[PDB]
Amino acid sequence: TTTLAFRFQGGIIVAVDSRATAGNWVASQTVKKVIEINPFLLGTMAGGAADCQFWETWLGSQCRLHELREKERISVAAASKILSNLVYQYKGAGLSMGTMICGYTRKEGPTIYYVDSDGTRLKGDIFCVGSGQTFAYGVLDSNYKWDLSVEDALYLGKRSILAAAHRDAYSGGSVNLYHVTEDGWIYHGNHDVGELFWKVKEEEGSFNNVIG
Amino acid sequence: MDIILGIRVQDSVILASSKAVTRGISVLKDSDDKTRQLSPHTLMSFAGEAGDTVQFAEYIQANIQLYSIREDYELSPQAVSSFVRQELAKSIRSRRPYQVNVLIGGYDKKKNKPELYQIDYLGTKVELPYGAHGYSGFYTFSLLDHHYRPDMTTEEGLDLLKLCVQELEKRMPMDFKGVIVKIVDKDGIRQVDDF
Amino acid sequence: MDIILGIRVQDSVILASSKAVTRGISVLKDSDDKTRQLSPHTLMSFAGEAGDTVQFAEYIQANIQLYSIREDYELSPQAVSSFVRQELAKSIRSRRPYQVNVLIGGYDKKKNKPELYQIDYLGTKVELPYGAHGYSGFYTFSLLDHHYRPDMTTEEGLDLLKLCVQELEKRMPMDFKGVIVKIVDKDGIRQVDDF
Amino acid sequence: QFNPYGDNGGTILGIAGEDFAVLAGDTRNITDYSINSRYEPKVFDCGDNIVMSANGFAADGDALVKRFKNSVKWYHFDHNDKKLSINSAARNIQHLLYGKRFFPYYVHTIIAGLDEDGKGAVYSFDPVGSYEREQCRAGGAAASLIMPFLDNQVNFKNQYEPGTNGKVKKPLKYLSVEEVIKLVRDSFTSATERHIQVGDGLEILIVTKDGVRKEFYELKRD
Amino acid sequence: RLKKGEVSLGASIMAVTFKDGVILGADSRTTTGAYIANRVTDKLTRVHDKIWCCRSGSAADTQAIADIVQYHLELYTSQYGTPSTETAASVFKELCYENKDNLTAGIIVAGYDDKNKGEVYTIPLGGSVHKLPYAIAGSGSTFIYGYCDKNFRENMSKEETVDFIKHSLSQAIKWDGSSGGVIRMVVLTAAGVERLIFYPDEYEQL
Amino acid sequence: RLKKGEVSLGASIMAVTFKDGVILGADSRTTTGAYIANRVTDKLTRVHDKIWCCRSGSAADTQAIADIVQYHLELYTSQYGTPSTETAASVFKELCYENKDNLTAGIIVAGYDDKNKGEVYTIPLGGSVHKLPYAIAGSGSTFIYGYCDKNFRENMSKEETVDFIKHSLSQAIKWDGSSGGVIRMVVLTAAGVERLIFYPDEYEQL
Amino acid sequence: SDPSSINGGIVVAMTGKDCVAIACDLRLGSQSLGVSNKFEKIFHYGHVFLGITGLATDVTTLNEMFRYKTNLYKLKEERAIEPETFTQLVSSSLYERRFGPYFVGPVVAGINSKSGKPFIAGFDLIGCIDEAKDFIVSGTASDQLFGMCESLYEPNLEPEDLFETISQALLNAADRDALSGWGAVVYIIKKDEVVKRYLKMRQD
Amino acid sequence: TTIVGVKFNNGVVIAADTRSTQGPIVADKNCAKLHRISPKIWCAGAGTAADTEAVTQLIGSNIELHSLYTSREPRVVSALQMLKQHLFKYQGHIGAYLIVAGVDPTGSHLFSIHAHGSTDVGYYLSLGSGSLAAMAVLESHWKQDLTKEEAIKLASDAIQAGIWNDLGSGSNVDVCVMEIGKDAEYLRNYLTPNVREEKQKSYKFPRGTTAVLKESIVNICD
Amino acid sequence: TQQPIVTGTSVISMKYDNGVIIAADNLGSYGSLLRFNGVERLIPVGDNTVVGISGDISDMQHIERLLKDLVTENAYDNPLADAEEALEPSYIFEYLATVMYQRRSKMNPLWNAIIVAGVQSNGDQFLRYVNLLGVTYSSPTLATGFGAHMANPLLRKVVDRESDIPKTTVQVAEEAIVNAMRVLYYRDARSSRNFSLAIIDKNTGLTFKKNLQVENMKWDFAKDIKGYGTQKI
Ligand SMILES: *[C@@](C)(CO)[C@](*)(O)[C@H](CC(C)C)NC(=O)[C@H](Cc1ccccc1)NC(=O)[C@H](CC(C)C)NC(=O)[C@H](CCc1ccccc1)NC(=O)CN1CCOCC1
Ligand SMILES: *[C@@](C)(CO)[C@](*)(O)[C@H](CC(C)C)NC(=O)[C@H](Cc1ccccc1)NC(=O)[C@H](CC(C)C)NC(=O)[C@H](CCc1ccccc1)NC(=O)CN1CCOCC1
Ligand SMILES: [Cl-]
Ligand SMILES: [Cl-]
Ligand SMILES: [Mg+2]
Ligand SMILES: [Mg+2]
Ligand SMILES: [Mg+2]
C-alpha cells in the first residue's frame, strides 16, 4: 500500500493506490482502499486487507448507530476514537492496520486523524501511510503549500501516489482520488497507472530515469 | 555513517554525505567527511559498518593512486567503478566481508560526460542519473523522479539537492548533522563550504 | 515518544516534552503534546509504548476528574501521584502491562510548594528536584547536578531547561523536533509558546 | 508438535460473462506426493443460484461450504424465503471467515452467480475474509500460472490495437459461454502440464437465469 | 516423559495367568538417575481383595492413580457388589488415557474372578488397554521379550508359573541397572491371596 | 547418531564360538524409516578367507569400514602371511575408535585360526573391543539378551549352534520391526567356509 | 535474506520456425525499493545469447566470466563458440562452485551456425542443464511465465508472430510479480540478423 | 523421480520416468535420467539432478581412461566401487541415488547406490520418490527366469506405477536394454502415454498487439 | 497436543461390482517394538458397515466405544432400528468425521486415519476416508499409511475409474487385496503377517474373516545374493 491525505485551503485531498499483494505475488490491481462511511466521512486502508475492510465497514455501522441515537452526524474525532479504542482492545493479538479517518463537520471543520493497529491516534494536517509512504512524502512535502488550488491539490495527491506506485514494488495498479469539502466528499475518478505514467511523463517532462 | 546521495546533471556529478558519526547514544563527531578522492576526476563516498568503511575507501584510494603513478594516466570512472565492484564481489564471499556501500562520482575526460555509479556491499553496480544508499533512497528517489531533468545545470542540481536534504531533515528519525557537498566536473573536484 | 523532562524550582514545576512522533523511518508528526491536565494544578507528561501512553494518560485523567466532581475538591499532587503509582503497580503484573513512564508536576495549594514526581512503568515513585525518563537522563542529570540550585526562579529554571535541550540536540542520535514546555504554579497550568 | 493444517492441493477458476458465470475446479485431491482421489468435487451448488468453492485445506474448505449452505437455509427461515443475493452472500461469507481471524480457515474461497441486474458475478476471498468482486479470478495451487493468462485473455491486458502505435487499447467486451469454456479448458490443461498437484479431471459449473448446469472433462492423470 | 528429577519406577514387572488363577511379579528398585532411591520397594499393590496391579514409570503418578482406583472400586463394591477385573482395568484406563499428557504410568492389572478365572490387562503409556494371557513391562522387560515368548505356556501350574516369573525377572534384573533388589510376587487364586519373596543369593545364581 | 535419511542397518546379528570353530548369523532387512529398502540383504561380509564380520548401524559406514579392513588385511597377507582374528579386530577398532564421532558402526568380528580356534570380538559404537565366547548386536538384540544368556553353552556342536542362532534370531525378528527377511549364516571351521540360509516359512513357526 | 529474490527479475526464451527469441525485464531493486530501470539481463558472446536472473552481483560476475572464457575459446579454436558447446561450459562452471554457488538462473539461446537449428536451454544455480524444444523460463515470476508460455505457445511460429507471443508472455507474467517489470527487452534472432525491441509496459 | 532395474535371462534392463521437478512445479517434462557410463554400463539416477549428472560423468570419464589404460572393457563393479567411495567421501551431501547396471566380461550385473555410499545387490530394484509404487508392482509380478520382452514389460509397468500414482514422477518412460554379446539399445521415449490434448483455442496475437518503445539492429559479427 | 504411543499401520480397501472389501493387519506397535499381536483393527457396526482404523490404539479403543454407544442410542425409541431406521454407513461416517474435525479444532486430535466401508440401503457401495485433521475423501480404492503408497497403485490397476467397478468381481477384488497385504509385509517395517479381512456385499451381506496369513511368498532368490558389490563368496 501507499495512501495519503492532506489538509489545505479548499478542504481535504485523499489519494490511494489500488494494489494488493501476498508477498511478491501481485494479487489484485483493482482494490478499493477508500471506504465511504457517510456523505461527510472517509476512511483509508493500509496493512492487512481483511483487518482494514472488516473493521472499517464495522466502523461505518457504529457511526450510523450514533446518528440514530443522537439525531446528529458523528464527529471525526469520535469516529476515529471508536476505531482506535477497538484496535487497542486487540493490541498484541496481531492486527495490522494503518488507517486515516478524514471528514468534515461544523464544529471541527476539515479534520484528519491517523489511527494504527498499535493504538496510535494522531490529529494532523498531512499523513502518508503504507509501504510506499516515504515515496509519497518526498513528492508531497516538497510541493505542499496551504494555498494550493483545488485543481493543483488534486494533481499533487495523484502525482504523489504515482511517485510511490513507480518506486515501491508493493504499490501500484491505479489511483483513486477524493476531495472533501464543507458539502461532503466528491469522487474524482479512477486513474490507471498504465496510461497515467506516460501521460504524466510526456506532459510534465519528469521521470527521466525511465527509458522514454 | 548513514546518508550518502548522488546526482548526475548535464556537466557534473554532485555527491552529498552526512557529517554525523554516532556510537551508542552519543554523537561523537558532527564534521565527518565520508569520502575519498580516488583520482583528480573521480570521487567516492561511502557508508556502512564502522571501521570497514574507511579501511575499504583508503585501500581503493591507494590502489588507484598506484595505477596512476605506474601508467602516468588517469583511469576512467567506468574502469574505476568496475575495479571497485570486483573488490566488493570478492569480499562478499570472504571470511569477513567488507560491509560498505559506495557511490562513485566521476567526470570522463575522453567522453566529456559526467558519470555516477551506485555499488552496494554485495558488488551490485548500476549507472544512474541519481542515486542513494540506506534509508535515504526511500525518500529521495521518488522526489527526484518528479523534479529531476537530464539537462539541468550544476546550480539547478544543488537546488534539487537542497530539496532532498530538507525532506530528509523533516522525515528522518535520526539527526545526521547536515551534509558535506562536493562537485566533480571537467575541472576536477571541489567542496561547497556553505550548505 | 522519547524525551520528557521535569524541573522543580522555588515556586513552580516546569515540564518539557518532545514533539516528534516517529514510526519506522518516518516522522509522522512534529507538533505532538505528550501531556494531559489531570486537575487545575496538576500536570502529567508521559512516554513509552505506542497507544499505551495516551490510553493510560486519559484513563488517569478521567479518574481524577471524576474525583474532583464527586468531592468538589482538588486532590494534592502527592495523592494523585500515589494513585498513579498504584495503577502502574497493578498493571505490571497484568496480562498485558501498560508500558508507560510518567512525570507528575503539581503545585500543592495547602503547602504552597511545587512538587515533581517521577514514576516508571513498574510503579517506581520518587519525588525529585529534577527528573527525566529514557535516555535523556543520561545527559540531563549530571548537567543539573552542576547547574541546579533549589532557590531558583521560574525564569532561571527555563534557562536551565534551555541548557538541557541544547545538550540533547547536540548529542542525541534522533531528531526529536524540539519540546513543548509547560509551567505549573499557584496560578495553575500555562504553556510557553516560544521555545 | 501437532500441526492442525494440511495442504490438499488443487486449483479453481471463476469467470463472469454478460448473462452467465462459470466456476471451474479440478477434481484431484492430494497430500504431499500421494493422490488421495482422482474425483473429489470441490465446487458446489449452494442454492439461490450461488456456486461456491473453498480451495486449500480441504477439512476447512468443507467446513466453510457446509456452514454457508446452512447460512442460506436459515436466511430463508428468518426472512420469508427471500432469495439471497450474491452480494449479500459475499458479505455473509466475510463474517464466517473473519469469525476465525485468530485460528483461520486455510482456504481461498471463490463464489459465482448472477447479480440483482441479472449480470454475471464472481467474488473472491482471502483466508481471513477480505473480498472483492471481479470479472476474473483463479485460486489455489496453480493460481500463479493461470491468473496472468486470464488477465491477458479475459481482460485483454497488455494488448493494443494493431497499427495504433500502442496508443489505443484493445476494447473490453463480454465473452460468450462457448469462448469462456475454451479458456477454462486451456487454462487447466496448461496448469496440469506444469503443476504436479493439478490433473485427473475438470468439473465446470455454469450459472444462468435458467439454473446451474454441469460439464466434465478428462485431464492428464500423471 | 518423566518430569525432571522425579522418582523413577523403572522396573521389571510381569503378570502371568495360569491354571488356578494369576500371579503378579516385580523387582524392588527405584532410581533418580543412577542413584537407587529405594532398594526395597513394593511395586505390587492392592486395589481390591483379589484385584492387584504392577506399577512402573513414575512412582508418584502410579501411587496417585492406584489410590484413586482403590477409592472407586470400594465405592463400586458398596453399591453394586464385587467388580470384575475388566471393570478395574477400565477405571485404570480412564485415568491413564484422559490424563495421558501429565502422567507416566505403565500399569499391569491382574485379578481373579470365579467365573472369569485369572485375567491380565496391560496398560502402556498411551492409555490403551490390552487383554493378554501374560504381560511384561518396565525398563527391564525389554531384555526378556525373547526369553518370555519362548518359555511361556498356557495353563501352567503354580510352581511352574513361579519358576517362569523368577527366571524371567532374574534376567531382567541382571541386565537392567534400573531393576534389582528382591523379587516380590503375589498369587491370586480361589484359595485366597499369598505373598512371596525371593532374595538375591537365591535368584542371582539361577 | 545416524545421518538423516540414510539407510539403516538396524539388525539382528550374532556370532557364536563352538567346538569346531565359530558361526556368524544375521537377518536380511534394511530400512529407510519404516520402508524396507532391501528385504534380502547380506550383512555377513568377508574381510579375509576365514575372518568375517557382522554389520549393524549405518549401511554406508559399515561398508566403507569393511572395504578398508579388507584392503589392510590383503596387504598384511602379502608381507607377513595370514593375520590373526585379534589382528583383524584391532584394525576394525582403530577405524571405529579414531572416527567415533563421524561413524555409526556396531561390528562383530569372527574368525578361525588353527592355533586359536574360533574367536569372537565385538566392537560397539564407542570403538571399544570385547573378546567374548558369543556376541549379539543390532536393534533386535535387546529382545534376546534373556533368551541367549539362559540358552548359551560353551563347546556346543555345529547343529546345536545353528539351532541356537536360528531360535534366537527368530525371536529378535518377531519382536523387532527393524529386523526381518531371511536368516543368513556363515560357518567358519578347519573344513572351510559354508553358507547357510533359512526362510520365513521355516523359522517363523518355531 | 534469500539471495535469489533480493534484486528481482525474469528471463524467458522461445523457439520458432528457423528462429529463436529471448526476452528479459529491466528492474533491479533492493527488496521493496526499486533502484534501476536500465538493468539488462541478456548478454551475448558471438551469436550465442545468455540471459541471467537472480542475485545481480552474480549476474554481472558471470557475464564477465563467460566473456573471459569465450574470448580465450575463440583465440585457441579460431571460431565462435556454438550454443550446444556454450551450454556445457556454463554447466561446468556453475558446478565448479557446487558448495558455494552463484545464486543465478541462466538461460542460453541461439542458432547453430553449421546446422541452422534453433537452440534454447536453462539451468539451475548449480549447473543442471534443462533443454527444451519449446520454451525456457527463469526468475522471480517463473511460475507466472510457465503458465503464460504453456498456454500461449505453439510450434513453428514465424519471427514476427513469435515476437508477439514471447512479449505477451513476459509482460503479463511481470505484472503479477512485485519484483519484476519496470521495462522489458526482446531479442528476435534469425540465422544472420538479430532485432532488439524495447517493450512499453506499466511502470509499477 | 521413479527409476527401476530388472535382471533377465541374458542381461539386464533399466528404466526411468522423464519428469524433473522444482518444488511443486514441473521444470522439464521430458528429461533424460538414463546415463551412459561406458558403452555397455548404464546408470539410472534419482535425487539432486545436478549431482546425478555430475557424478555419473566424472566416473564415466575415469572409467574410459581406466579402460584405455588396462586395454580392457570396463566392469560394472569398477563403476560401483568408484561411485560409492566418491559418495561416501562427501558424507551424503552429494545427493545422488543411482541404479547401476551393465554387461562386461564377467557377466551381467545390477546394483543400486545411495547418497551416503551404501550399495545393494538384487534381481529387481527401485529408487526415487515413486520407488514404493514401482516396488509394489515388482513384488507382485517379478519371477525368476524372465525373458527380454518380459523384463521390458515389467520394468516399464513399474515406472508407469510411479508415473500415475506418484506426484514426483510423470510424462514418459525411458528404457535401456543391456544384453550379453549384443550392443546395448537405448530406447528413448519407449512409451509416451501423456500426450497433451489439442488446445481449444489458438492464442496467436494480431501483429502489433504489443506496444514498443525502441527498435535496434544488434551486431553479432566482428 | 498428542504423540501416538501404541500404533496400528495400514488399512486398505476397494469397491467391486456388488459391494466393498476392507483389510488391516493385527499388530499393535510400540515404536520399533512389535508389542501386541492380537489387535483387531476392523470394527463392524451393524450388518452393513465396517470401520477400519489405523494410528493410535488408545484412541481407536475410544472410537470403538463411541460406535458401540451409537448403536445403543439409535435403538432407543426406534421400532424400525433393525429395518428402515437402521444405521447407514453414511450416518456412521459423518458422525466420525464431525468428531475428528471438532477434536483437531480443539488442538487435541484423535491420532487416527479411518476408512468407513459399507453398503447403503439402496444397494450403493460406500467407501470414504477421514483422519486426525478431519480431512475427508472418497475413491474406488482407499488406503492409509504405507497402504496409500504401495497398495493403491496395485488396486488402481484393477479399478482405475468408476466404470471399472461393475466389471470387477468379488473374486478378482479379494485377490488384489490379499496380494497388497503380502507386498506390505515385504516392505512395511511396522507390519505383521497376520491380518483380518471383511467383505460387505449387497446380496450376501457382511462376511468377516479373521486370522488370515500372508502366503505364497518369494524368498528363494535371497540365497543367490552375496555381499554388497564385489564379494563373490
Ligand atoms: C499495500 C498494497 C501492500 O502492503 C497495502 O498495504 C495493502 C492494503 C490493502 C490491500 C487493504 N495490503 C495488502 O495487500 C496486504 C499485505 C499484507 C499481507 C499479509 C499481511 C499483512 C499485510 N495483503 C493482504 O492482506 C492479502 C490480500 C490478499 C491477496 C487479498 N492477504 C493475504 O495475504 C492472506 C491473508 C493474510 C492473513 C493475515 C492475518 C492472518 C491470516 C492471514 N494470505 C494469503 O492469501 C496467503 N497466501 C496467498 C498466496 O497463496 C497462498 C495463500
Ligand atoms: C524425481 C522427479 C523427483 O525426485 C526425480 O528424482 C528427479 C531426478 C532427475 C531429474 C535427476 N529429481 C529432480 O528433478 C530434482 C528434485 C529435487 C529438487 C530439489 C532438491 C533435490 C531434488 N530436481 C532438481 O534437482 C532441480 C533440477 C532443476 C529442475 C533443473 N533442481 C532444483 O530444484 C534446484 C535444487 C538445487 C539444489 C541445491 C542444493 C542442494 C540440492 C539441490 N533448485 C532450484 O533451482 C530452486 N531455486 C530456484 C531459484 O534459484 C535458487 C534455487
Ligand atoms: Cl513406588
Ligand atoms: Cl548393507
Ligand atoms: Mg504422477
Ligand atoms: Mg541391576
Ligand atoms: Mg511499484
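Below, read A as the first sequence line, B as the second, and so on, with proteins coming before strands; counting in each chain starts at 1. All ligand and atom numbering here is 1-based and tracks the order in the structure. These values consider heavy atoms only, across backbone and side chains, with no hydrogens, waters or symmetry-generated copies. The displayed model is a subset of the deposited entry, and contacts were enumerated within the subset.
The drug at ligand 1 is carfilzomib (bound form).
Taking the chain with most contacts, the partner of carfilzomib (bound form, ligand 1) here is, per UniProt, Proteasome subunit beta type-5. Within the structure, the other chains placing a heavy atom under 4.0 Å from carfilzomib (bound form, ligand 1) are, by letter, A, D. Other-chain residues and nucleotides with a heavy atom under 4.0 Å from carfilzomib (bound form, ligand 1) are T1(A), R19(A), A20(A), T21(A), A22(A), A27(A), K33(A), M45(A), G47(A), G48(A), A49(A), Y170(A), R101(D), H108(D), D126(D), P127(D), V128(D), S130(D). For chain D, the entry uses the name Proteasome subunit beta type-6.
Nearest to carfilzomib (bound form, ligand 1) among the UniProt active-site residues of chain A, at a heavy-atom distance rounded to 1 Å, is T1(A), 1 Å. Neighbours of carfilzomib (bound form, ligand 1) among the ligands and ions, at a cut-off of 4.0 Å: none.
Here a covalent bond ties carfilzomib (bound form, ligand 1) to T1(A) OG1. Looking at the UniProt bortezomib-binding residues of chain A, I find a heavy atom under 4.0 Å from carfilzomib (bound form, ligand 1) for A49(A).
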